[PDB]
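Below is one structure, written out as C-alpha cells, with a few remarks after it.
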Amino acid sequence: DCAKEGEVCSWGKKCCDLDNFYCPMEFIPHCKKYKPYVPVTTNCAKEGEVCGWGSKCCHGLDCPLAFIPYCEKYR
Amino acid sequence: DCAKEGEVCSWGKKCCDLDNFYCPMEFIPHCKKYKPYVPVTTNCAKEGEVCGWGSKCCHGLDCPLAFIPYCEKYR
Amino acid sequence: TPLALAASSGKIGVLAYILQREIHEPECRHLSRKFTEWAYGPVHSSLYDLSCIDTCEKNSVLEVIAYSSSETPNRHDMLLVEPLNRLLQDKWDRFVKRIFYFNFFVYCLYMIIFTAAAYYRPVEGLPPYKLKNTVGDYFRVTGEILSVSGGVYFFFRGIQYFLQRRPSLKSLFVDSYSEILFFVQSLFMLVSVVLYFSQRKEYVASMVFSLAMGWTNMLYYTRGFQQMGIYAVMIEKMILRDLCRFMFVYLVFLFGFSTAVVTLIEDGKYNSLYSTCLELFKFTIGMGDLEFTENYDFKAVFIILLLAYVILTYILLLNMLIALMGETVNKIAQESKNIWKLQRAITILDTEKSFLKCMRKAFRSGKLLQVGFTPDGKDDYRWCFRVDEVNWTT
Amino acid sequence: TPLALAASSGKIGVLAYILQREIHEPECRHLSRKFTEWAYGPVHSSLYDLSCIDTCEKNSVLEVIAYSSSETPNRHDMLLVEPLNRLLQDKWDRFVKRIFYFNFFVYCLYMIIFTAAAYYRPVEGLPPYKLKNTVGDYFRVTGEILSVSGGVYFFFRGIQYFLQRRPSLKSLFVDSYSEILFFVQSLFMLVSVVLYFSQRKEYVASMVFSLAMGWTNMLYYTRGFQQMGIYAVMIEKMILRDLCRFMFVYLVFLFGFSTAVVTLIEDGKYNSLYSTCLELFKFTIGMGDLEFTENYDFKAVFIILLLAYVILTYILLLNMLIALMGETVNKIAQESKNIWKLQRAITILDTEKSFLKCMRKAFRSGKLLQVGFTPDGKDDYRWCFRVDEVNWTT
Amino acid sequence: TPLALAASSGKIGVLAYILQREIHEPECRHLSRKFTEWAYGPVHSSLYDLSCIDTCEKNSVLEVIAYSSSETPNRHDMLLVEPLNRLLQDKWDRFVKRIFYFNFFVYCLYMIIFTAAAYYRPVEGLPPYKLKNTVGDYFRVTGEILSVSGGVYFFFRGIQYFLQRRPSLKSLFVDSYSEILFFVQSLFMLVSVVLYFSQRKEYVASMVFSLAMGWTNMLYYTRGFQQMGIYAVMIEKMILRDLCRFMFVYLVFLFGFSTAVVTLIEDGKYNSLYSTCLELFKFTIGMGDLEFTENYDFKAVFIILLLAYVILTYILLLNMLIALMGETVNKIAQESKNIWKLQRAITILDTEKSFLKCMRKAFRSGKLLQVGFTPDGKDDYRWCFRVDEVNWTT
Amino acid sequence: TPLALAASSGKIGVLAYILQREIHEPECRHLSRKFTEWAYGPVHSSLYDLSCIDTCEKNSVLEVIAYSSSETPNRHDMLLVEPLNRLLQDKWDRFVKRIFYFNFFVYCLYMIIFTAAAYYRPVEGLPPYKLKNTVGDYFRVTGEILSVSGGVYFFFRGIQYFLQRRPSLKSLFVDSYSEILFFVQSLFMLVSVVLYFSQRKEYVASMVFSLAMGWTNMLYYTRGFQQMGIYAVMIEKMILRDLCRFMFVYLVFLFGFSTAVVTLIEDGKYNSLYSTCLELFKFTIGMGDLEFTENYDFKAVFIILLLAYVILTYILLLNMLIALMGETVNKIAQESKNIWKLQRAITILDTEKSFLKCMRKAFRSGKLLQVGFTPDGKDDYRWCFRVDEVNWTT
Ligand SMILES: C=C(C)[C@]12C[C@@H](C)[C@@]34O[C@](Cc5ccccc5)(O[C@@H]1[C@@H]3C=C(COC(=O)Cc1ccc(O)c(OC)c1)C[C@]1(O)C(=O)C(C)=C[C@@H]41)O2
Ligand SMILES: C=C(C)[C@]12C[C@@H](C)[C@@]34O[C@](Cc5ccccc5)(O[C@@H]1[C@@H]3C=C(COC(=O)Cc1ccc(O)c(OC)c1)C[C@]1(O)C(=O)C(C)=C[C@@H]41)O2
Ligand SMILES: C=C(C)[C@]12C[C@@H](C)[C@@]34O[C@](Cc5ccccc5)(O[C@@H]1[C@@H]3C=C(COC(=O)Cc1ccc(O)c(OC)c1)C[C@]1(O)C(=O)C(C)=C[C@@H]41)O2
Ligand SMILES: C=C(C)[C@]12C[C@@H](C)[C@@]34O[C@](Cc5ccccc5)(O[C@@H]1[C@@H]3C=C(COC(=O)Cc1ccc(O)c(OC)c1)C[C@]1(O)C(=O)C(C)=C[C@@H]41)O2
Ligand SMILES: CCCCCC(=O)OC[C@@H](COP(=O)(O)OCCN)OC(=O)CCCCC
Ligand SMILES: CCCCCC(=O)OC[C@@H](COP(=O)(O)OCCN)OC(=O)CCCCC
Ligand SMILES: CCCCCC(=O)OC[C@@H](COP(=O)(O)OCCN)OC(=O)CCCCC
Ligand SMILES: CCCCCC(=O)OC[C@@H](COP(=O)(O)OCCN)OC(=O)CCCCC
Ligand SMILES: CCCCC(=O)OC[C@@H](COP(=O)(O)OCCN)OC(C)=O
C-alpha cells in the first residue's frame, strides 16, 4: 500500500522504507531519495576566520555564536 | 575545586564526576549518590489490568494514555 | 405597501407610528391599527391588528425585517415597535420552540451517527467497501448511508436558500454566514461520496473536513438563545471583519520574510518556500523554536532577520490583532441583548415556512371584529392579538 | 413585617425611610425610629432603634438582606441605609473580628497538619497502615486523625448549611459558592477515609484532591477584607460566568477536531480519542509542539487541519475568552468597595449564630427609654445604638 | 498669503471662513469665494472659487495642508472645510485613482521579478556571475537587471523627496515615515550591487534585507484606502512611539541581567555577552527553555536570577508593552475615518506633480465668469468647481 | 505657619489664595503676595513674593509639598498654584539640569567600571585575589576599588535619607520606593565585600545581584523626564500594588497543587517540594512541557490535576493578573502629565540640598522692594521672581 519514490506521499499513501524515501513537506510532496552524507568540502572558513557571514565553519570547528563569529577548535 | 558528595553544590562549587554526584535542585542541595537502576518490582499492574490509577504498568508493557488505561504489549 | 417599505428601509418612527396608531374619531376609528380594549393603570390591554404583520401571503412586515440584507441600519425594530416583540414571543413559546429543539436533537443525532460511522471506517483497501453479514458491519453501512443522506439534505436545503432569497455581491457572508457553512459542510461530504465510489483513498480527507465542520456548525443552534448566543456571533465577526482583513497584512510579512529566508540559507527545514512559511508561522504563533544550533553560511544574518521577524510579527502584529479582536468582542457584548432577537426571528420565520400546511398554527390569536362598522359598511373583521402593557403615566 | 419585606425585595428608599424616620409631633414621636439626641454642626449624634434590625428572634433586617439569594437587585443596603453600616462595624471591631482571625488561624493550623500528614505517608503496602511506637510514627497518626476530624467537621457544617437555609434551583452556585467548595473538600476526604480502610491504594487520589482544594479554599478568608477580597470574588465569577459558559463553545471545537484527527490518521499519539483531545488541548493552550516530522498517510491534510485548528482556537477562541474574562475583571474592580461589605455581613451574621449563647455580646449598645412615654402609657424601652454623623447643611 | 498662512498654521474657522464666504452686496459680490447658483431644498448647488486652492503655481492651499510636518494640530481640514473634500474626491475618481493602481501594479510586478531573481540565484562561486546561453539563464539576468533598476529608481526618487521638501530635525520619522523605508530598501540593494561586483559572497545578505523590506513596503499602498489603511498607520505608531521608547527600558534589563549571568556562570550557552543576550531575549519573548539540568557552580543563584528575570520582564514588562500598544491601537481606530483622508491627499498631490505636463487634467471643472463684473471692470474669470450640498434648515 | 500647613494637607484653593493674593487698598498692599507690575493684554507680568516658598531656612512650601508621604491627596499643587510651576522650571533650566545630567553621567560611568570589573574577575581561587604587576591586572584592581567605593556612597547616602526624613510604617515603599532600591544595591555589594575578604567563593553571588540591580536602577533617571518617565512609575505600581497583592493569591495555588503533586507521585522531577514548585511555576508561566510520557502510579489522576492546574492558573489567574496590570498601566498613562512634575521637584529639592554652600544660586531672581512702604515703616524688601502670564479676559 506504499507510495513509491517519486509518487505523491502525504495525501493517499505514505512513503516506503526510510532507507530511501522521505516525504518531504512541500504540499504536493514526492518521495525523494536521500542525498549522500558529504562532509565540509571547499570554500569553507578555516579556524580563526569569520564564520556565519561568508562561509560555513569547517568540520572540526564550531562557529559557534557571536556577532562576528570566528571559528575555534573544541576544548 | 570540586564539592564532595554530601557537600553543598550549586552555590560555591559544582559536584564531582557524574558517576556518583548529581546536585539536585532543592535550593540548598547536597551532592547525592545515584540510586541503583532497579526494574519493576512487585505491586505492579499486569497486562490488561488498570494502570495509571492504582499501580504502575510493568516493565514490558506500556500504560500508555487513556482515561482508564489498560496495559498492553507492544506491537 | 407603505408599511413594508418602512420596514425594508429601517425607519422605526414611521413604523412605530403605523403599528401603534389610535385614531379615535368618527369615520376614523376604522383607520386605526391599535384598539385599546380597556385600561386599568398601569395595565393597558390593547388589541392590535395583523394585516401585513404576520400574514405570509405578501411581503409581511416580519419577513421583510428579518430578510433585510444587513443594510437599513435601523434594524432591531423588534424591541423598538412591539406589537411584534410579543408576536415573535407568542410564535416561539407556542409553536416554534418545540420544533426548534427537535431540529437540534436530530442534528445532534445526525452527528453522533456520522462521528461514529467515521470512527469505525475500514483502513485497508481503497475501493468502495462491501461488508459481510456482521452485527457491527451491517449497523455501520446503515450509519454511512444515513450520514450521506444528511449531506444530501443540507445540500438541497442550501441551494433552496440561495434560490429563494438570492443573496449576492458581498452580502453572502455578512448576512447568511451560517447558512453557507452548512452548505460547505454538505459539499465536503458530496466530494467524499464521489471519491469513495471513485475508488480513491483520499475520500477520508474530504470526510474529515465534513466532520470537523459538522461539529463546529452545531453552534448555529447557540445563536438564538439569550446567554450563549453571543459566542456564535462574535466568532463570525472575528473571522469576517478582524481575521480576514488582517490576513493580508500578515501575509505580506510571512511571504516577505520567507522568501528572504529561503534565498539566504539553502539547507534543510528552509529549503522550500512551503516549509519556511510553516516555520515562520510557528514563530508568530509563539510555538516555534529559536534554536540557532546548526551551522549555516549566513548564520549571523539569519539571526538578525529571525529576531527582526519575531519582534515584528509576534510582538507587534499578533498583539495588534488581539487588540482589534478584543475591541470587537467588547463592542458586541455591550450590544448583546439587541443582537439576540434578530436571530430568533430569522429562525421563527424559517420554521413557519418549513411546514407550509399548518395554517391553523400560522394565525395568531383569532379573528375579531373590533371595528364595529366600516367607513361604508357596518361589518368588519380583523386579527387582533391583544397584549397587556405596563407603562406608567403619573 | 413591612420592614423585612422591604429588605427581602431590594427597596432602598422604602427601607431608608423606615430606619431614618423622625416624626417629631405629639402622639407621633413614639412612632419614630431615629431620635436625634443633640446636633452640633456638622456633628449630629442620633440614637436609633434596633427592634427588628439586629434582634435575631424573628427574621431580622440583617439576616434577610444577607441571606437573600442574589436576586432583589438593590442589594448593598449596608452603605445605602446606615443605621446598620455602623452596626456591622460595631459587631466586627468588638466581637466578630477576634473570632474570625481565630477561625482563620485554626484553618491554617489544620492545613499544616494535613499537608504534613500527607507528605509523610507510607508508600509500600495497600492496607490500612499500622504504626509501631515511633516518635514520628505516633505523631503522624495523630496527624491523620486530626485531618479526618476536620473533614468530618466541614461535612456536617456543610449539611447544616443546606438544611438551615435551603438554597436550590441554580442558586447553589451563584450565591453559596464558597460554602459548597468546603463541602466538596470534605467529601473528597471522606471518600479517602472510605478507600483507606477498604484497603485500596487509590485512597491517596481522593486525598490529594482534598489537599489541593483545601489550600485553595484558604482564600475564602480573603473574602471579607477590603483590598484582597476582590481576588476571591472575581475568581468565582470567571469560573461560573465566563469559563463555564465558554466551555461548551470550546468543547465542540475540541471534540469536533479530535474526532476528525483520529479518523484521519491512525498511528501513535492520536490513536485514541482521549490522547487526541489532550494533544489538541495543548495546542489551544499554547503548550503544544507543531513538529510535523513523522510520516503519516494524510500528512498534508493533517497540517491543514491542525493549522486551521490552531489559528481558530488559539488565536480566536482563547483570546476571545481572555477578552471576556478581562471585562468581568474590570467590571468587578470598579464596583469593588460595594462588593466587599456584603461578604463581611455574611460572616458577621454567621459567627453570631455559631455561639448562640453569648446573648450579652449579641445586643448592641444598651437599652434606653428615649421615647419618654407611649401613645397610651408613660413608660418605654428601646435599644438605641447612637451614631455620630458628619453631613453638611450650609 | 493669508489663505495659505491659515492653512500652514491649523486654523479651521479662519480657513472655513475664507473658502465659504458669500458677501452678497453691491461692490462686495466680487469679494466672495462661494457663489450659490441655485438652491432647491435641501439641495444647494454652489459654485466655489479655486484661486489658491488647487493652483499649483504658488503654495496652494492643498500643498500646504498636506506637506505640513505633523504640527499645526488642527489638521484634517479636508472634511472640516469642504470646498476641497470634494476637490480631492474629484481628482481621485477621475485622474489619480487610475494612475495609483497602475503604480501599485508595477510595484507588485517589480517584487515578483525581484523575489524570483533572488530565488534562483547561483549558489557556487563568489565572483560576479556570467551566464551562458540558457532560456532560464538569460531570463534571470534580465530579472536581475530589472531589479537593480528598481533600486536605482527608489534611490533617486528618495533623494528627490529629501531635496524638494527638506524634512529635518525629528520630523523625518513622524511625518515622512513611509518614504524613508523605500529609501532604506533602495540602499540595501545598492550595497548589494556594490558587493556583487566586488566579488563578495556577502552580497546576498544585503539583498535579502532588500527583499524582506521590499514586500513589507507593499503595505504603503494599503495606506490610503478606507478599511485597510488603518493597519499601516498603527504599525507605524507602534514602532515609532511604543516600541522605540520602550526599547531603552527593556534594554537596561536585558543588558543588566545578561552581564549578571555571564559573570555568574562561565560555561557554554552563556560564555559570551552576545549569546547570553539571546537566551535572555528568548525568555522574555516566551520562547525559552527554563531547563535547569546542567550543573553549574552558582546554579542555585542562577535559578533565583533567571526566575527574577522571567517574572520581571515576561510578566511585567512584556505585558506592560502590550498594554501600551493596545492603547495606541484602540486610540487610532476610533480616529480612523479622520486618519484616512490625509494619506490620500498626500498621494493625490504627489501623483499630480509626477506628470507636470498634463495641465488639461490639472485644472478642475472649467473656467466660469460668475462675478459678472469687477469692482472697477465689467469682466471677470474664475475656476468654479460647483458642488451640490444636502444640509438642512428646517 | 498657615502657608505650610495648607501645603502639608493638600489644600489647593487655600494655597492658591495665599500665593496669588492682590489686596490693592491702602494699609493692605503690603499684605499682598502677588504684585502685578504691568499688564498688556493678554500679557500680565506680575512680581510674586518668595518668603516661605523657596526659603530653605524653615519648612519651605516646596520642601513640604515634595516630601509629603503620599497622603494629602490634593497633590500636584505645582501646576495648580503656579508661582512655583515656574520656580521649579527656573531652578531646573538654570542650575539643577546641568548637575542632574552630571550625576547621570557619573552613574553610567560607575556602572561601566563595575560591569567591567566583574566581567574580568579571576575564576580560580577561593581566597581574596592578589594581582601581580600587569597592565590589565592593575587597571582592574582600581576598577574593583572604585566599584566598592560607589557601594559605600549609596550606603551612607541611603542611611542619610532615612535619618533626615524618617519614612516609616508602610510609607517606605509607596513613597521612597526608588531610594531603597539604591540602598538594597549597596548592601548586596557590602555583603559582597565581606564575603570577598572572608575567603568565600560565594561573594560573586552577592555581587551579581548588586550588578543586575545596579543597571535596573539606572531607570531612576528616566523618572523626571516628560516622555520616558512614565515607564519607571508604572513599573513601581505594578510591583507594589499589582504583583505584590496578587502573589498571595497565586502562592496558595502554587503551594496547594505542589503539595498535591508531591504526595501523589513519588519519582524524579517531583520528588521534592522545591522542584515541584518550579515545574508548576513553569506551567503557569507558559514555559512548561505537558509531556505525559513517563509511567507513574496515579498517572491518570496526575493528568487531571495538572490540566486542572493549567486551566486554572495559566488561563484564569495569569490573564486576571494581566488584566489588572493593564488597568494600572492605562490609568497611569492618562494621568501622565500630572505624574511627571512631582518627581522633578523631588530631584530639584534634593540637588539644592546637596551643595548647601552655593547660596548665590539658591536665591531666585533678586531682591526688590516692591511694597514701597510698610504698615508702619516706609521701607521694605522682598524676593520678587516675576512671571509673565497669557490668560485671557475677553
Ligand atoms: C465557509 C468559511 C468562510 C470557512 C469554512 C471552514 C473551513 C472554516 O474555516 C474558514 C476559514 C478559516 C480557516 C481557518 C481559521 C479561520 C477561518 O472559516 C469558515 C469556517 C469557520 C470555522 C469557525 O467558525 C465556525 O464554524 C463557528 C460558527 C459560528 C457561527 C455560525 O453560525 C457557524 O455556522 C453555524 C459556525 C470552523 C470551520 O468551519 C471548521 O470547522 C473548519 C475545519 C474550518 C473552519 O472558512
Ligand atoms: C465545586 C466546583 C465548581 C469546583 C471544585 C474544584 C475541583 C475546583 O474545580 C472546579 C472546576 C474547575 C476545574 C478546573 C479548572 C477550573 C474549574 O471549580 C471549583 C474549584 C475551583 C478552584 C478554583 O477556585 C477556588 O478554589 C478559589 C476560590 C475562590 C473563592 C472562594 O470562595 C473559594 O472557596 C473558598 C475558592 C480550585 C479547585 O477547588 C481546586 O483546588 C481544584 C483541585 C480544583 C478546583 O470545580
Ligand atoms: C527605517 C526603519 C526605522 C526600519 C527599517 C527596517 C529594517 C524595519 O525595521 C526597523 C526597526 C525595527 C526592527 C525590528 C523590529 C521592529 C523595528 O523599523 C523599520 C522597518 C519596519 C518594518 C515594519 O514596518 C513596516 O515595514 C510596515 C510599514 C508600515 C507602514 C509603511 O508606510 C511602511 O512603509 C511603506 C511600512 C519592517 C521592516 O522594514 C522590514 O521589512 C525589515 C526586514 C525590518 C523592518 O527599522
Ligand atoms: C527592594 C525591592 C522591593 C526589590 C529589590 C530587587 C531584588 C528587585 O526585586 C524586588 C522583588 C521582585 C523580585 C522579582 C520580580 C519582581 C519583584 O522588587 C525590587 C526590585 C525590582 C526590580 C524591578 O524594578 C526596578 O528595579 C525598576 C525600577 C523602577 C523605578 C525605580 O525608581 C527604580 O529605582 C530607581 C527601579 C528589579 C530588581 O531590582 C533587580 O534588578 C533585581 C535583580 C531584582 C529586582 O525586590
Ligand atoms: C496561505 C499561505 C501559505 C503559503 C504557502 C506557500 O507559499 O506554498 C506555496 C505552494 C507550495 O507549493 P510547493 O510545495 O511546490 O512549493 C515548492 C517551493 N519550491 O502552496 C500553495 O500554492 C498554496 C498553499 C496553501 C496551504 C494553506
Ligand atoms: C541590541 C542589543 C543586543 C546586545 C548584544 C550585545 O551586547 O553584543 C555586543 C556585540 C557582540 O560582539 P561579540 O560577538 O564580539 O561579543 C563578545 C563578548 N565578549 O555586538 C554588538 O556590538 C551589536 C550587536 C547588535 C545585534 C542586534
Ligand atoms: C517563594 C515560594 C517558593 C517555594 C519554594 C519552596 O517551598 O521551597 C521550600 C524551601 C526548600 O528547601 P529544601 O530544598 O530543603 O526542600 C526540600 C523539600 N523536602 O525553600 C525555602 O524555604 C525558600 C525558597 C525561596 C526561593 C525563591
Ligand atoms: C472534558 C472533555 C475531555 C474529553 C476526553 C474524552 O473524550 O475521552 C472520553 C473518555 C475516554 O475513555 P477511553 O480512555 O476508553 O477512550 C478510548 C477511545 N477509544 O473519557 C471520558 O469519558 C471522560 C473524560 C474526562 C476527563 C477530564
Ligand atoms: C486540494 C489539493 C488536492 C491535491 C491532491 O489531492 O493531489 C493528489 C494527487 C493524486 O494524483 P495521483 O494519481 O497520485 O498521480 C501521482 C501518482 N503518484 O494529485 C496529483 C497531482 O498527483
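Proteins get letters first, then strands, A, B, ... in listed order; numbering begins at 1 in each. One-based numbering, in listed order, for ligands and for the atoms of each.
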>> Quick one: do you know the drug at ligand 3?
In response: resiniferatoxin
> Which other chains lie near resiniferatoxin (ligand 3), in the sense of having some heavy atom under 4.0 Å away?
Replying inline: C, E
> At a heavy-atom distance under 4.0 Å, which transmembrane segments of chain E (UniProt, N terminus first) touch resiniferatoxin (ligand 3)?
Replying inline: 3, 4, 5
> Per the PDB, what organism is listed as the origin of chain E?
Replying inline: Rattus norvegicus
> UniProt Na(+)-binding residues in chain E with a heavy atom under 4.0 Å from resiniferatoxin (ligand 3)?
Replying inline: none
>> Would you mind pulling out the UniProt resiniferatoxin-binding residues of chain E that have any heavy atom less than 4.0 Å from resiniferatoxin (ligand 3)?
In response: E:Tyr177, E:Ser178, E:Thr216, E:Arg223
> Within 4.0 Å (heavy atoms only), which residues surround resiniferatoxin (ligand 3)?
Replying inline: C:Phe257, C:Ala308, C:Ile311, C:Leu312, E:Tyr177, E:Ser178, E:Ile180, E:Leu181, E:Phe182, E:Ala212, E:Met213, E:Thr216, E:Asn217, E:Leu219, E:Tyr220, E:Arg223, E:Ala232, E:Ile235, E:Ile239, E:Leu243
